[PDB]
Amino acid sequence: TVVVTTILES
Amino acid sequence: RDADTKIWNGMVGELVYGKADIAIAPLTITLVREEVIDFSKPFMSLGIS
Amino acid sequence: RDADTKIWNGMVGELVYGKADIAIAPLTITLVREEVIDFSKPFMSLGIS
Ligand SMILES: NS(=O)(=O)c1cc2c(cc1Cl)N[C@H]([C@H]1C[C@H]3C=C[C@@H]1C3)NS2(=O)=O
């Protein structure tokens with residue numbers, strides 16, 4: 001279980 | 001990085017503060033980010049157009 | 001990598017076996033090279049042509 005942070009950019 | 005309070009905010013600030021383990025995201029590699037977190041070799045080549 | 005003697009030749013071999021402190025050179029960042037030595041971020045971009 002790894003937390004993958006990301007942003008919503010198309 | 002904030003000028004007034006010297007704290008990182010954003011996905012990088014989340015990575016420094018331990019909330020997030022990795023950032024597989026469209027994040028540009030720069031010098032100030034490289035000082036505080038470690039990047040892989042870049043996966044996408046982009047430029048001003 | 002040499003054929004079954006597992007010896008790096010060339011500039012990479014000079015890095016692995018202690019001959020050279022650094023390789024400021026047109027050396028391609030490849031996976032098999034990455035396992036043995038260290039690469040900085042790519043100073044130039046290219047393609048097989
Ligand atoms: N146009 S080019 O191939 O001469 C070229 C290619 C590249 C340059 C700079 C130039 Cl001038 N810098 C980048 C660098 C900026 C950050 C992202 C990748 C490294 C660190 N590498 S690259 O994308 O390989």
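Note on naming: letters A, B, ... go to the chains in the order of the sequence lines (proteins, then strands), and numbering restarts at 1 for each one. Any value given below was found using the heavy atoms of this structure, including those in side chains, with hydrogens, waters and symmetry copies removed. This depiction is restricted to one part of the PDB entry, and every contact reported falls within that part. As the structure lists them, so they are numbered: ligands from 1, and atoms in each ligand from 1.
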**OP:** Select, from liothyronine, rotigotine, cyclothiazide, mycophenolic acid, peramivir, the drug or drug candidate present at ligand 1.
**Re:** cyclothiazide
Original post:
What is cyclothiazide bound to here, taking the chain with most contacts and naming it as UniProt does?
Top reply: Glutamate receptor 2
Subject >> Chains contacting cyclothiazide (heavy atom, under 4.0 Å) >> reply: B, C
